[PDB]
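Entry below: contains laninamivir.
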There are 4 protein chains.
Amino acid sequence: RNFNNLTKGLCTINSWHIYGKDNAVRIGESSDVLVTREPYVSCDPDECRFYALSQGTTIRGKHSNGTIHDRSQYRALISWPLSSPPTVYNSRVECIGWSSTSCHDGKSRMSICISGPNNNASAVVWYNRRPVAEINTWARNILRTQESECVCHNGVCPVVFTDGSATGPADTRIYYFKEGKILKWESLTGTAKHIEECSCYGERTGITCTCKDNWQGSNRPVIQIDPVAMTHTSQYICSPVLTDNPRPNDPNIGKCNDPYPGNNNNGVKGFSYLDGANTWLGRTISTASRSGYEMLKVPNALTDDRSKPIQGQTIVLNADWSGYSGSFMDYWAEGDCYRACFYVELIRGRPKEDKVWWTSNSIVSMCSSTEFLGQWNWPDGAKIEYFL
Amino acid sequence: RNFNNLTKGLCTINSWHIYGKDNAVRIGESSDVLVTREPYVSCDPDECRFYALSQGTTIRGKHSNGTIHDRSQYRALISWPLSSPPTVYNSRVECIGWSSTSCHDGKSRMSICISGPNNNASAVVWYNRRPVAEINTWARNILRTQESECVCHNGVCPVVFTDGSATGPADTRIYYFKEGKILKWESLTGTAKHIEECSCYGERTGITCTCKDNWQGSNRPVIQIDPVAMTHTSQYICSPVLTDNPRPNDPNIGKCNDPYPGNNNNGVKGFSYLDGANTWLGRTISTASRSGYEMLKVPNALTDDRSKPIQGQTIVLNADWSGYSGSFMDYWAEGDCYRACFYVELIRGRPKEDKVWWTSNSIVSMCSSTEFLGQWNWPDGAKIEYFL
Amino acid sequence: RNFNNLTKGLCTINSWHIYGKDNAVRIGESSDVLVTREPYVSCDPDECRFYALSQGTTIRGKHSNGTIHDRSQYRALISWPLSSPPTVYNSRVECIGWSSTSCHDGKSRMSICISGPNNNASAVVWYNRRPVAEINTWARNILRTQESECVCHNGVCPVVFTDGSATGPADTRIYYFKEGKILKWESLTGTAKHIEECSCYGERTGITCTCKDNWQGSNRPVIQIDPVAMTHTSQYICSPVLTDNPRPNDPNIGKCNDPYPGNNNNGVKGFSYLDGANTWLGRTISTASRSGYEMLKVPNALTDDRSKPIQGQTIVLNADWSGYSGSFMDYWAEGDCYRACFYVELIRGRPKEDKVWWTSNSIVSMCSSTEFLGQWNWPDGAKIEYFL
Amino acid sequence: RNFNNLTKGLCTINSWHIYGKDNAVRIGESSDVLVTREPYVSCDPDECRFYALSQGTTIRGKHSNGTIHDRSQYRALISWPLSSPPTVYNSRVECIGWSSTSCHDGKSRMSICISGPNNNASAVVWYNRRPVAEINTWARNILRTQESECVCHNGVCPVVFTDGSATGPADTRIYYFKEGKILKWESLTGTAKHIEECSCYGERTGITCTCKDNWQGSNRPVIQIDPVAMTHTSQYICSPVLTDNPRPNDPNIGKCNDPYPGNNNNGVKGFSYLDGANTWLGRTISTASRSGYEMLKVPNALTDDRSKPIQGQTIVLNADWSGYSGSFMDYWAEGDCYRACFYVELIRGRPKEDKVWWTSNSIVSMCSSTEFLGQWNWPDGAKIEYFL
Ligand SMILES: *[C@@H]1O[C@H](CO)[C@@H](O[C@@H]2O[C@H](CO)[C@@H](O[C@@H]3O[C@H](CO[C@H]4O[C@H](CO[C@H]5O[C@H](CO)[C@@H](O)[C@H](O)[C@@H]5O)[C@@H](O)[C@H](O[C@H]5O[C@H](CO)[C@@H](O)[C@H](O)[C@@H]5O)[C@@H]4O)[C@@H](O)[C@H](O[C@H]4O[C@H](CO)[C@@H](O)[C@H](O)[C@@H]4O[C@H]4O[C@H](CO)[C@@H](O)[C@H](O)[C@@H]4O[C@H]4O[C@H](CO)[C@@H](O)[C@H](O)[C@@H]4O)[C@@H]3O)[C@H](O)[C@H]2NC(C)=O)[C@H](O)[C@H]1NC(C)=O
Ligand SMILES: *[C@@H]1O[C@H](CO)[C@@H](O[C@@H]2O[C@H](CO)[C@@H](O[C@@H]3O[C@H](CO[C@H]4O[C@H](CO[C@H]5O[C@H](CO)[C@@H](O)[C@H](O)[C@@H]5O)[C@@H](O)[C@H](O[C@H]5O[C@H](CO)[C@@H](O)[C@H](O)[C@@H]5O)[C@@H]4O)[C@@H](O)[C@H](O[C@H]4O[C@H](CO)[C@@H](O)[C@H](O)[C@@H]4O[C@H]4O[C@H](CO)[C@@H](O)[C@H](O)[C@@H]4O[C@H]4O[C@H](CO)[C@@H](O)[C@H](O)[C@@H]4O)[C@@H]3O)[C@H](O)[C@H]2NC(C)=O)[C@H](O)[C@H]1NC(C)=O
Ligand SMILES: *[C@@H]1O[C@H](CO)[C@@H](O[C@@H]2O[C@H](CO)[C@@H](O[C@@H]3O[C@H](CO[C@H]4O[C@H](CO[C@H]5O[C@H](CO)[C@@H](O)[C@H](O)[C@@H]5O)[C@@H](O)[C@H](O[C@H]5O[C@H](CO)[C@@H](O)[C@H](O)[C@@H]5O)[C@@H]4O)[C@@H](O)[C@H](O[C@H]4O[C@H](CO)[C@@H](O)[C@H](O)[C@@H]4O[C@H]4O[C@H](CO)[C@@H](O)[C@H](O)[C@@H]4O[C@H]4O[C@H](CO)[C@@H](O)[C@H](O)[C@@H]4O)[C@@H]3O)[C@H](O)[C@H]2NC(C)=O)[C@H](O)[C@H]1NC(C)=O
Ligand SMILES: *[C@@H]1O[C@H](CO)[C@@H](O[C@@H]2O[C@H](CO)[C@@H](O[C@@H]3O[C@H](CO[C@H]4O[C@H](CO[C@H]5O[C@H](CO)[C@@H](O)[C@H](O)[C@@H]5O)[C@@H](O)[C@H](O[C@H]5O[C@H](CO)[C@@H](O)[C@H](O)[C@@H]5O)[C@@H]4O)[C@@H](O)[C@H](O[C@H]4O[C@H](CO)[C@@H](O)[C@H](O)[C@@H]4O[C@H]4O[C@H](CO)[C@@H](O)[C@H](O)[C@@H]4O[C@H]4O[C@H](CO)[C@@H](O)[C@H](O)[C@@H]4O)[C@@H]3O)[C@H](O)[C@H]2NC(C)=O)[C@H](O)[C@H]1NC(C)=O
Ligand SMILES: CO[C@@H]([C@@H]1OC(C(=O)O)=C[C@H](NC(=N)N)[C@H]1NC(C)=O)[C@H](O)CO
Ligand SMILES: CO[C@@H]([C@@H]1OC(C(=O)O)=C[C@H](NC(=N)N)[C@H]1NC(C)=O)[C@H](O)CO
Ligand SMILES: CO[C@@H]([C@@H]1OC(C(=O)O)=C[C@H](NC(=N)N)[C@H]1NC(C)=O)[C@H](O)CO
Ligand SMILES: [Ca+2]
Ligand SMILES: [Ca+2]
Ligand SMILES: [Ca+2]
Ligand SMILES: [Ca+2]
């Protein structure tokens, strides 16, 4: 086996096709399905799998009560076969904790989990299913990371972490790992003013991460990483097509180097593919809550502060609950280009559906097509009343 | 590994022996068995597996309510080990959608799933467990395909699709795939007037598909495909032994090039093995409903419009519910001939058994023997009353 | 891989040690454990597994009602990992039917299942998980076979079948298979007057089978098979230590060439290891019913009509229900001898425990030691009251 | 494959990081999780797994009633994937019995289980999943062994056994196995006065075991084994930091060659890493009961009868139930040193929580870091009230 190199460009994105869907909440009404949240997708050279943070209980289990909670000792990063639900019997534990990332470098997989109390959390870096390196909290305020896959080039796998305030300046670091060992880290540079939950993908240009500004911005910060030089830059998506949630209405001029104002101290993990005229942005349909999901083709969104959509695709109707979303690609697929993919977390239960005492989710996932495919919409599909 | 070539003839069929049976509905009364329909069987070079369209819920789950429905977002093609039931914990998702086919070419498996609304459906073609090609609806009216396995020769795997009316002329296409890529497609030619749900098998003569005419015919249309030239012909089974359901009583003269009249706008997926004096036809015993199943040896059924049975075998008693049936063979078995096999879907629940609110099925499967074996009958075996 | 040859003698048997136990009925009180009966054990070159005939329902499932029944369409030979219980999710179906045998030849496994009505049953012979040969009933009266493993030498695997009366002369045949194909069969010869459910093992001397005479005998018939010449002889165990059930009390003179009288038209599957001074016989402790199990060292039991025990070991107390028992060995273990092993079926439910409506079992298994080990007793361990 | 040699020293232990946690009792409230106790962890060259003694029933099963019991016929050593819970469907049975050890030698795994009545117990030694050797009780009083992993060097795997009184002088033996065969055994020598449940680890210095004195001592006995010479010595941890439970308060002078007095006829399995200035001891926080767990850095604890802690880490709060603890390491990890690891059994149910009728546990596990990591605490996390 050899380390994977990012040698291809993105395939032309003309629409999105269904890739995976687990119907976890439907099935979990009567099966031993683990309560999860913060899911993602990540590929090995021979298999692609679903990932999420378990809550250490099934949905029907009485311990599902209180699972709106973010950071218990009962959480772990688990993975399971593509489009199956996360069950007690099919889920593989990657590491223990309440914030994670994971990626395959072509030879083996690195997984990182953070655990601990708010003022004393630590990351453990696993490589080829063994713990290799550990990182202590540097700001003593909820050390946290991507909640979707990292990306590797020639064995080097950059990861974005943040430690510090969720509502003011924080201490963000980019770490560069190889075989689970720390090669280097650096403090965030550039014009992004707050960074959380980066969604990343790689292509010949380098590694691109679209993150969330939880503090003041409703445009998304972007970190661009060179995995060879092990350096990065940051800014915001310039486009006035705003993609955080909640968010103001779309103006006609966006902001490249500062948060677009209107909504403070909140946000949702999201993603984009920034590729000149082949640029597509994901966002919730609602500007107020985590409901609906759509993709919008916004040429040069990264650099053009006047850019608007010229094409789109609804993924989840506004009437249906969405949640976190993030990027991944099958770096080991055949062909001359990397096919852009993404997942959407479909959150069920609390806080929006409070007749149940749990919070969980299912997953839907799409990849790009060079065809102009007809669109459907993809709800979680569970009926809350059945759980009462 | 090499691509499989269709180098053998069919084994002489003198009777049928039990091959597989999953008892899924019996077991699912108290186990996490997924609700399915439209099942089939398909072999890899090292394993044969059961396939079906899941409904994204177990039978005992409250979401089983309403599963008579054909095309939800919660359906997926799943596969699972031969004669095991389709459980949450043992089922592998091949792709997402509500109409499917799948086949191994000797090197890897191609699976195709169609999803979408009626007017905007699309096929995604997967090869070696990755999405490779996509096909948009061409008639905007329920793009649909075989619901049983396709067949490959030297890497070329033909698949029959239909888009358009179920009750009038429609747009049927034969696609030719290799490694999931589209080599060619062509519009239906020949005398078949309506084509749905083709059941196919291969042998040195080429690929033979027995389909369903949903519009006017109660004889079955046949498509014969040359996978090297990538061309086909079509007609009907000439025999007056009629094999659709519902259907008129058997006359003494059949129809080779037009639908045999009497029953309109309905039908069931079925199959035959058309091999001169070694010809066997499957059909429901009832002419009115999907109940019973029998095999009948009808020499030269394809070409002889006077042909009648000379031997037969009951598979399912008329007192028991049947359903879809289709062909498959183990192309990788030892020996000098291909052993003909088939499955019968045993539908339980709605619409025929409406005291439950679900629709599901189990599977029984047979292969041919050169012996003249004694016959049994093979019911689903579940007691509906237990589910109340 | 090479075919296994029977090149070793039996290890000296000085006691028996615990080998496996699945506690299936205990666990099945609250888990998806399949109802079974007629279990056995059989080894591959890399793994040993438990085998049994499923009834196509779990114990807690409502379809467990009526499982005292021997021969439904819902039965199948399943296998599962050593000492695990037979669950819906871990059981591999080998073939469909209600009477079976199975054995590995060193390269692949042959499994045989018989299915059908009483007057029209048939065997299907599977090799390397594919159907290869079929055998129709020859006497039209419940074609039936060993219900424990067969044994192979240089690719030749003999199997004993019986078709015909259970209460008078029947038609017993010994078949010789290689790669699932029929090399030869022959009618029973020798002095055994009725043969059912042979338990077999192999060693340099050939293949030895201890069977059951269901008609008149309470001593056990023995068939000795030469797998090279493909010939056999038969007689009874000469010893007055009688080992069928039910049975008369032990006399002082046994019978070598005729049934020992007293009990007609009943019996239980059993086994022995016949090895001169290293001979050990298994039997139920009760002479009236299937309760208890003990091993007795009876020198030259096969040939000495006065032979009595000189050592023994209780396996199951008389207070606890037993059932079928049979022989197997790990032919692929290291060392200079084959270690004798056996299983005992521990039947729970009907007819003896009729407060439940089901019949099932668990398994306990022992192998021999050259040590003189202390003895325990090994009950099924389930409490019937829990199932009410 | 080659036998592993103990060529490395221990990594410097500056703190402990989370390694694994199964949340078994939480999950088992609504899933088919087996009741266990006496768990441990052990690595193969390609995977690390959790181990424990099953009770042959799930927690929700009615047979969980009475599982405080130590030695039934329904117990077995099982293993299952790291941090998954021990379920009916994912647990692999290693051998049958109620006292165990297991270890991989670099080529294959040896597992040992003891079963039998108190006066007639016996060990069966399994190697590469086959029974190889057996050892009869020598003192006829509950033959028993480590309840955590053994350690191997160049194919030789020492194991400590005890047979005889729990409350007076007993007969302890050290056995030396290779490929499951007995090379040698010897009677305990040295100054340790009573030995049970040794927790062992290996490094270039040899094999170090920290055991329990059940008779008079609240300091822990230590056995140091040379796996090449196949000889050993014994004494006690000299440190006045006492680590058994229950135990007296810590004095200022410990005892090197005799039990430290105050508590008789009780104890708990525990462990330490004895490595000069890199020495760390584990213990319950409570001196009265199995509650809490902490690690304490006690330089030269083995040899210094005045030694006190200079650093520590809380693992489980005193408010939470703990239980057995033991050592293991991944001998096949990359790097220049062996990373010390340990598990803590978190016992739930009887005798401390008697509103339920069962006794079970979950597992938490840590390994060492060269960083000074922030500490969390790791409770079982189940709510007993949910089980009522
Ligand atoms: C079968 O399936 C197919 C395939 O999926 C279906 O076809 C798809 O249909 C959907 C739905 O219509 C389309 O999505 C929309 O796309 C438009 C963009 O395309 C339009 O505009 C293009 C740009 O035009 C401008 O520039 C060009 C320069 O060339 C210039 O020519 C033009 O004059 C103008 O200046 C046009 O080029 C384009 O035309 C082309 O395509 C047509 C087909 O679509 C075709 O007929 C033409 O011939 C030509 O080829 C077309 O006119 C997106 O604008 C739109 O997204 C907006 O609207 C949705 C609601 O529908 C909303 O959710 C989005 O967020 C967005 O609107 C919000 O944001 C805007 C930007 O800030 C803002 O301006 C809006 O006011 C709005 O903002 C408000 O809401 C948001 C969200 O809550 C909030 O945040 C804000 O604050 C505020 O409150 C859709 O994405 C697909 O593109 C189309 N696909 C294809 C391949 O055709 C087909 O319908 C299905 N068939 C059936 C029968 O069902
Ligand atoms: C143990 O197991 C074994 C193995 O399974 C069992 O043996 C099997 O027994 C079954 C049941 O009998 C047989 O199936 C039937 O086969 C017959 C065909 O064979 C008969 O006819 C042959 C043809 O004869 C004609 O041509 C020859 C030319 O050679 C000429 O000689 C003759 O005069 C005549 O002109 C004969 O050759 C054949 O004889 C041979 O075999 C005999 C044994 O079967 C043997 O004894 C002889 O010596 C000789 O060797 C034999 O006579 C099928 O016709 C029949 O199928 C029809 O009937 C069933 C109901 O039973 C029905 O469901 C079928 O659909 C079909 O009838 C419908 O369709 C017809 C065609 O259109 C129509 O004409 C009918 O009116 C009817 O139509 C109505 O119903 C349908 C369905 O609902 C509806 O759609 C219509 O609209 C309409 O309403 C059976 O398949 C097996 O072949 C046989 N197997 C073997 C190897 O023997 C054995 O019984 C078991 N033992 C025990 C104790 O249980
Ligand atoms: C810790 O574990 C160890 C290891 O397991 C335990 O030790 C074991 O203890 C058990 C139980 O006692 C033993 O099993 C019994 O073995 C005897 C056979 O051994 C005895 O007889 C031998 C033969 O003696 C004859 O020939 C010799 C020639 O050398 C001659 O010297 C002698 O005079 C006589 O002529 C003796 O050699 C042997 O002595 C040796 O071993 C002794 C230890 O056992 C030792 O102390 C001596 O020093 C010497 O070394 C010994 O005396 C079996 O006969 C017996 O089986 C019968 O009884 C059981 C009930 O207990 C019954 O279930 C059996 O079916 C059988 O009895 C039935 O069948 C008979 C034959 O037809 C019949 O005659 C009986 O009347 C009876 O028939 C009735 O019941 C059956 C069944 O329902 C029914 O079908 C009939 O119709 C009828 O109704 C046991 O198998 C183990 O051998 C022994 N193992 C070892 C290694 O020691 C130890 O106890 C445990 N410790 C503790 C504290 O628990
Ligand atoms: C974020 O996470 C980090 C990392 O985990 C947290 O930092 C950790 O904090 C914990 C809790 O405080 C520390 O654990 C304790 O460690 C001390 C040992 O360190 C102290 O003592 C050292 C030795 O000093 C002596 O020798 C030196 C020689 O150099 C000499 O200088 C000195 O004068 C004295 O003579 C000091 O070196 C050390 O200082 C160093 O570290 C400091 C930080 O800790 C730092 O600030 C300094 O600058 C310097 O660098 C420090 O003073 C353990 O003693 C202690 O364990 C005892 O207490 C706990 C309860 O807390 C108890 O459970 C233990 O069993 C034990 O006490 C029992 O046993 C004793 C021995 O017999 C006995 O004397 C006690 O009376 C007591 O006995 C009673 O209870 C037991 C148990 O029930 C019973 O059996 C008996 O019978 C009896 O009833 C803790 O382990 C970590 O070391 C520390 N880690 C690090 C890297 O800093 C941080 O707090 C977190 N942040 C936040 C905000 O939460
Ligand atoms: C604390 O809230 C953070 C994250 O919030 C989100 C969410 O659904 O909004 C869930 C994450 N939950 C988990 N990863 N478990 C939180 N992140 C953490 C570390 O709690 C937020 O981005 C502000 O810093
Ligand atoms: C019919 O009874 C036969 C077998 O009886 C036994 C039993 O528990 O006694 C179960 C077998 N059940 C199964 N193998 N399924 C039967 N054997 C058969 C073929 O029914 C008997 O040996 C007489 O011929
Ligand atoms: C009998 O008690 C012994 C062991 O006690 C412990 C315990 O939780 O205290 C459980 C073990 N349970 C199991 N290993 N099953 C016992 N050990 C045995 C062999 O029962 C003790 O160390 C005195 O000899
Ligand atoms: Ca924001
Ligand atoms: Ca029709
Ligand atoms: Ca008898
Ligand atoms: Ca003690």
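The chains carry the letters A, B, and so on, in the order of their sequence lines. By the numbers in the PDB entry, the shown part of chain A spans 83-470. Here chain B follows the PDB entry, giving residues 83-470 in order. In order, the residues displayed for chain C correspond to 83-470 in the PDB entry numbering, which applies throughout. Here chain D follows the PDB entry, giving residues 83-470 in order. Atoms within a ligand are numbered from 1 in the order they appear, just like the ligands themselves.
In the structure shown, the parts corresponding to laninamivir are ligands 5, 6 and 7. Counting heavy-atom pairs under 4.5 Å, the chain with the most contacts to laninamivir (ligand 5) is listed in the PDB entry as Neuraminidase. Other chains reaching under 4.0 Å from laninamivir (ligand 5) with at least one heavy atom: A. Of all atoms in laninamivir (ligand 5), numbered sequentially from 1 with element shown, those under 4.0 Å from a heavy atom of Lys294(A) are 21 (C), 22 (O).
Counting the atoms of laninamivir (ligand 5) from 1 in the order shown, those under 4.0 Å from a heavy atom of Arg226(A) are 19 (C), 24 (O). Heavy-atom contacts of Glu229(A) reach the following atoms of laninamivir (ligand 5): 14 (N) (cutoff under 4.0 Å). Counting heavy atoms under 4.0 Å from laninamivir (ligand 5), residue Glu279(A) touches it through the side chain alone. Here is the list of laninamivir (ligand 5) atoms found below 4.0 Å of a heavy atom in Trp180(A): 13 (C), 14 (N), 15 (N), 19 (C). Looking only at heavy atoms of the protein, atom 7 (C) of laninamivir (ligand 5) is closest to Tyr406(A) OH, 3.1 Å.
Of all protein heavy atoms, the one closest to atom 8 (O) of laninamivir (ligand 5) is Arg119(A) NH1, 2.7 Å. Contact annotation: for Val350(A) versus laninamivir (ligand 5), there are no heavy atoms closer than 4.0 Å. An N or O contact shorter than 3.5 Å links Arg372(A) to laninamivir (ligand 5) by distance. For laninamivir (ligand 5) and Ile224(A), the ligand atoms under 4.0 Å from any heavy atom of the residue are 19 (C).
At least one protein heavy atom sits closer than 4.0 Å to atom 21 (C) of laninamivir (ligand 5). Residue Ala248(A) has at least one heavy-atom neighbour below 4.0 Å for each of these atoms of laninamivir (ligand 5): 23 (C), 24 (O). Remark: among candidates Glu278(A), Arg157(A), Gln228(A), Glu427(A), the nearest residue to atom 24 (O) of laninamivir (ligand 5) is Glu278(A), based on non-hydrogen atoms. Protein heavy atom closest to atom 1 (C) of laninamivir (ligand 5), with residue, atom name and distance, is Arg153(A) NH1, 3.6 Å.
The set of residues with a heavy atom less than 4.0 Å from laninamivir (ligand 5) is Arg119(A), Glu120(A), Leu135(A), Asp152(A), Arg153(A), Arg157(A), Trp180(A), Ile224(A), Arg226(A), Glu229(A), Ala248(A), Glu278(A), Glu279(A), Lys294(A), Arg372(A), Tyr406(A).
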